[PDB]
There are 2 protein chains.
Amino acid sequence: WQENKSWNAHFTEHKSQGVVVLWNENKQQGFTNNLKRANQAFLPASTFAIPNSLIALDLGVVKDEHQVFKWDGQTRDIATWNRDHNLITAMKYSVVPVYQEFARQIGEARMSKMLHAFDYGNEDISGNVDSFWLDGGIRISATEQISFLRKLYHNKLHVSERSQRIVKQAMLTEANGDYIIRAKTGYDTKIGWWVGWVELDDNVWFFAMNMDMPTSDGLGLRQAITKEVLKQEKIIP
Amino acid sequence: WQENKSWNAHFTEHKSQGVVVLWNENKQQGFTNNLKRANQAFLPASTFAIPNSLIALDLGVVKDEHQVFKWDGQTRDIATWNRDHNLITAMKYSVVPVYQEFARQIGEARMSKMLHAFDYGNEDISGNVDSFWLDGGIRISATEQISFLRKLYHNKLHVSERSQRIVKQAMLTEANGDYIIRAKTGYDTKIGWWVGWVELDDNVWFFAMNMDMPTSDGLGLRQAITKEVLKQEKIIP
Ligand SMILES: *C(=O)[C@H]([C@@H](C)O)[C@H]1CC(SCCNC=N)=C(C(=O)O)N1
Ligand SMILES: *C(=O)[C@H]([C@@H](C)O)[C@H]1CC(SCCNC=N)=C(C(=O)O)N1
Ligand SMILES: [Cl-]
Ligand SMILES: [Zn+2]
Ligand SMILES: [Zn+2]
């Protein structure tokens, strides 16, 4: 691990504070603007959709990425949530009601055992099974996110290879002639997350970032700040 | 099937001739500028990488999308070919030596049976096992390409679901907040191919196009012409 304090300019020039963590897979080396905050644990918020979807698929709660989850008919504030979804669109739109339904069907016992087998964060599901990742006791740091993501990339998590490929499919966010990004956003009204990886021809760069997000105004800064670091480091054009 | 002769403006305004075929999955309806050429069979050229990779994976010739195929040490004219590749980069760079090696390991007997089970084109492997898709007798039309692609999308081809997901992963070409394109290019010095599909939130549009390509000058017109039709039809922004 290597601290590059010069990356802080990417946060400060947007009047922002936070951390970006990168991991070069081929070289087994990591880089961050702030080593301390890189190991500070936070609520995972919607980034928990990754472990949640893996367990749901492995347990048969979800059949595949095109199976339809019917909207329960309760209208919620996020307009995109009030409709039928599959795994692809549930991830893209961070559709909490779908993931709460996943968690209820999984149950507390299977959830806790599976998170332990994943070595995910602090492994604490207290106390609502359908809302612990939002307002309970589970916490994960940026470096622990990368640790979890590396296992998923290599199909080394303690679930079926098929479950892992399907979740990696659903993580697809961006792709062009130079790179592929699979990732997941999160927001809990206090902090904002962006965790994933960048696939290249001959390497992969894992990333985890979070930042203070007092208001929804600048949620877009999560992706923008990350891409500016990737550009600076010549990872993407 | 419905012929929209107005799409020909997309070819003629580039001094080009060819066909674009689209298929609306949700509505089960197809559209093309030229119904005749839509059913005209051509050499598949590098688009054969899709069936070839499926059979190789199902037979164990390829383990997964990150397994390394060592370059044989013969330098060929395409600079990108003279190096180690995996399934991802073999598809992106259309690396013929890798696919010829696949075909040799598969063999004529298994190749012919598998193409028949796929109902792929005319199902004629004459006569070089490692070069028939380039200069042999196999031929496929644009509508037959879509027929093959629909089965792959639904995991309905006569191979493992795992093999089909891995090939669909390797077909990834482009992705943003509005759509995902999985596809494969082809070029045989006479005609140029672009076959695949566009994934949306709630639908999929399959496509197959080919055009006369006398010189390498305008290979980029394959993607450009296709995207202009998609834009005209309000499939992508
Ligand atoms: C997850 O972190 C949250 C949810 C649990 O509060 C969802 C909600 C949002 S913002 C809603 C509007 N979307 C704007 N893009 C996100 C998010 O990551 O943006 N995740
Ligand atoms: C497949 O159709 C051919 C090969 C069998 O001749 C390959 C070669 C090319 S062009 C080589 C340089 N690349 C430019 N982009 C393609 C192609 O589809 O572009 N496929
Ligand atoms: Cl994918
Ligand atoms: Zn076990
Ligand atoms: Zn059979």
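Chain letters run A, B, ... following the sequence lines, proteins first, then strands; residues in each count from 1. We read in the header that X-ray crystallography, 2.0 Å was used to get this structure. Order of listing sets the numbers, starting from 1, for every ligand and every atom in it. Below, all heavy atoms of this structure are taken into account, side chains as well, without hydrogens, waters or symmetry copies.
The drug located at ligand 2 is named imipenem (open form). The macromolecule with the greatest number of heavy-atom pairs within 4.5 Å of imipenem (open form, ligand 2) is, in the PDB entry, named Beta-lactamase.
Chains touching imipenem (open form, ligand 2) with a heavy atom below 4.0 Å, listed by letter, come to B. In this structure, residues within 4.0 Å of imipenem (open form, ligand 2) (heavy atoms) are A45(B), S46(B), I78(B), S94(B), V96(B), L134(B), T185(B), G186(B), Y187(B), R222(B). The nearest protein heavy atom to atom 19 (O) of imipenem (open form, ligand 2) is closer than 4.0 Å.
In terms of protein heavy-atom proximity, atom 5 (C) of imipenem (open form, ligand 2) is closest to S46(B) OG, 3.2 Å.
A covalent bond joins imipenem (open form, ligand 2) to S46(B) OG.
Atoms of imipenem (open form, ligand 2) lying under 4.0 Å from any heavy atom of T185(B), numbered from 1 in the order shown and given with element: 17 (C), 18 (O). Near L134(B), with a cut-off below 4.0 Å to any heavy atom, the atoms of imipenem (open form, ligand 2) are 5 (C). Remark: imipenem (open form, ligand 2) atoms within the under-4.0 Å shell around heavy atoms of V96(B) are 4 (C), 5 (C). Annotation: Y187(B) places an N or O atom under 3.5 Å from an N or O atom of imipenem (open form, ligand 2); distance criterion only. In this structure, atom 13 (N) of imipenem (open form, ligand 2) has its sub-4.0 angstrom surroundings free of protein heavy atoms. Contact atoms of imipenem (open form, ligand 2) toward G186(B): 2 (O), 18 (O) (distance under 4.0 Å to a heavy atom of the residue).
In terms of protein heavy atoms, atom 15 (N) of imipenem (open form, ligand 2) is closest to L219(B) CD1, 4.7 Å. Ranking the protein heavy atoms by distance from atom 11 (C) of imipenem (open form, ligand 2) puts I78(B) CD1, 3.8 Å first.
Listed by number with element, the atoms of imipenem (open form, ligand 2) under 4.0 angstrom from any heavy atom of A45(B) are 2 (O).
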